[PDB]
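Pictured: Retinoic acid receptor RXR-alpha, co-complexed with 9-cis-retinoic acid.
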Amino acid sequence: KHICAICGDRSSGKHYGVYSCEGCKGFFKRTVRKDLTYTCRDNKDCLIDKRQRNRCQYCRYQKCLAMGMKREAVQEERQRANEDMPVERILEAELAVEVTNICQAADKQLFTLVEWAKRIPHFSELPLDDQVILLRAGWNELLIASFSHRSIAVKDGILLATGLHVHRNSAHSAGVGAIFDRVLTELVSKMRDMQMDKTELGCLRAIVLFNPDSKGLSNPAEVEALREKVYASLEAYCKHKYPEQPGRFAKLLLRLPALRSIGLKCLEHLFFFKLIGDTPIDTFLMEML
Amino acid sequence: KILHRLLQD
Amino acid sequence: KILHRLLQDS
Amino acid sequence: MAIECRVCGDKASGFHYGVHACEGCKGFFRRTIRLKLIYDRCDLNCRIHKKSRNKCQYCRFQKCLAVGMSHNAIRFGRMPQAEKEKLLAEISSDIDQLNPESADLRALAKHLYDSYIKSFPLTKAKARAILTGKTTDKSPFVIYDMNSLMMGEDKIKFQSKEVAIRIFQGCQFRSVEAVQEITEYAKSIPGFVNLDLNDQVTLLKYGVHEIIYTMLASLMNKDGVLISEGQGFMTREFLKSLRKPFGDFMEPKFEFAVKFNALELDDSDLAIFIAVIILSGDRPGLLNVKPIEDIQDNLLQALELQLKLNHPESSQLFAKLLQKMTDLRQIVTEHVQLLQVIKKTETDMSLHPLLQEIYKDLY
DNA sequence: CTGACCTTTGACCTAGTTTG
DNA sequence: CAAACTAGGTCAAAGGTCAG
Ligand SMILES: CC1=C(/C=C/C(C)=C\C=C\C(C)=C\C(=O)O)C(C)(C)CCC1
Ligand SMILES: O=C(Nc1ccccc1)c1cc([N+](=O)[O-])ccc1Cl
Ligand SMILES: [Zn+2]
Ligand SMILES: [Zn+2]
Ligand SMILES: [Zn+2]
Ligand SMILES: [Zn+2]
């Protein structure tokens, strides 16, 4: 009938919003379903003819997009108690393991974080590579989320996991007061004004731990699951020990954004502090950075 | 190396 | 303080 | 007056074979009988909604048969006493759902929705019609390189600076408009105007950004992004191609968008979620916090119930969608560390004076 | 993996049914 | 009968196969 606006072959219909030959139609369809990511070995400048279109997939698919081939057009292949994450192991785990002055406590608490992580259900049960990745991706966020809870009863300053009350002032001058303020008000306060028990903080740290996005996770589907498990678990928990407050589960999960905003800022700092060499940073902190 | 050590055992 | 604007204008 | 189907839940096209069925099932059935088709067996009780429908021919030709659907009860003619069921689905079962306190949560959900529709033009609804091609519109002019850009950059025009600089400098007016819409939507959230006008501004300074990427995802997909009202479609690959620091500018948003779209949230759902972002008592520079947080408390209350009703089967979605609030924060802080780079290595930045205000002292 | 080849869907349109 | 509906046919367009 028409000519496939992709290679020149005979169209014989409109497919995915474009006059296309059967071949191209099927190329596109599969690319979309099997979620494939092609790569051009040449200059992304490959011609696509009735012949030599099968030459390079990347250029061919992009030729589809250009010629307006719609992806959402491809339909979807026609086929086919509540304590898997016990709140106890968590709590029990969040228990048994407890500027230049902060990097000492940081590093120290790093060795002990591998311990905490080991105790969190199913963690050590999934591949060692992911155990690395998961801890690489979120050590700073984890660590901050814990000392921040510790500095809960403490006033306008934090208590390093070694015993060093770092009162605000000390920091605003130490150069890093910009962030030290946010850590107090967006984490400490919020947690204190909410009386976040340490079973909850453990579940939050777990949620941070089981991060399915963390680049490289052999099987991320696995991770996105243990996380949903902690979701289910903690939700119920707040339901049992906190009936008066329905919107608690929500307000707890909403303590996480800031944890990451802040977390990112910190890492930003430890860098223009690292390959500078003006202050001491131990070993474990070097592998993490 | 390190993290992989505390995990390797 | 140019948002005060849009916020303060029916 | 606008019921739905009894086999898959799509909109019903009429009373076919003694039961409200979509123009899709109606045909499936009339064709199973018509050709005697004997679909292979299958035990797994298969849920049957709009998309899974064509997943199992046996469970579909089952469920329908299991709720009427007879080549007998085909009642022709004009609807004689609509009244009986012209009180929609929940009629007397409504004075049970249209109550108690939730009756109002339902109201709020509607308000924010009906308001969301008047605030922003291109809704998720539309953008999807376009990206699915199921619209009586012309396919948006795809922009995958310099030739296509140079071309469509004229087709629908309103300063030769640079491709990489035109691409992003030139969208600044949408960001602005966007910011203007959000703002008018903010006022529609019960109790926003009342909050100390000083925190009112703060709540936005930090809100718009996250709300922008949430919207900016409806227009996106794995391969590209809608633009220019939705009459254009720039490719993910082309953008990824811009110079030095401009290629990995829109990347973080595509990754985020591909994930955020997995939740499959519609305008009704997105209209509330959004409201929750603007009302986050955890924004720096707030002192009249409690108020701000009270509304979020109730908005969240509304949101949760909306996800249960709208998306009956979707494990931990409420908790899953909240988790997204955390990815949003990262995107913004990340996006800022970038616009900082530009500030130091570029010489044309020249941000609009409003994007100027918002970005000042952000993160 | 491709793609010639072959089955399904379901959005519309139409000719016949039933209510007022 | 005009008005209000529907079973049924229709065919572009989307799905599936399986030698090559
Ligand atoms: C938070 C913070 C920073 C970074 C440190 C990190 C990433 C972890 C610290 C962990 C501790 C102190 C754990 C403990 O012992 O409980 C910097 C230096 C930029 C300045 C002050 C704020
Ligand atoms: O350039 C964009 N956004 C932006 C640029 C600088 C600072 C903040 C946002 C952009 C925005 C939109 N939008 O808002 O709908 C669409 C497309 C682009 Cl490329
Ligand atoms: Zn072709
Ligand atoms: Zn190529
Ligand atoms: Zn149906
Ligand atoms: Zn089945």
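Order of the sequence lines sets the chain letters (A, B, ...), proteins ahead of strands, with each chain counted from 1. Determined by X-ray crystallography, 3.1 Å, according to the entry header. Side-chain atoms are counted along with the backbone in the values below, which use heavy atoms only and exclude waters and symmetry mates. Every number for a ligand or one of its atoms is a count from 1 in the order of the listing.
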> Which ligand numbers or chain letters correspond to 9-cis-retinoic acid, including copies?
Replying inline: ligand 1
> Which other chains are in heavy-atom contact (under 4.0 Å) with 9-cis-retinoic acid (ligand 1)?
Replying inline: A
> Which UniProt all-trans-retinoate-binding residues of chain A, if any, have a heavy atom under 4.0 Å from 9-cis-retinoic acid (ligand 1)?
Replying inline: A:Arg150, A:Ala161
> How does 9-cis-retinoic acid (ligand 1) relate to the UniProt Zn(2+) site of chain A: which of those residues have a heavy atom under 4.0 Å from it?
Replying inline: none
> What source organism does the PDB entry list for chain A?
Replying inline: Homo sapiens
>> Mind checking which UniProt domain of chain A carries most of the contacts with 9-cis-retinoic acid (ligand 1)?
In response: NR LBD
>> So, at a heavy-atom cut-off of 4.0 Å, what does the binding site of 9-cis-retinoic acid (ligand 1) look like in terms of residues?
In response: A:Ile102, A:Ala105, A:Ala106, A:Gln109, A:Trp139, A:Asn140, A:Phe147, A:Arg150, A:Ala161, A:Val176, A:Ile179, A:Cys266, A:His269
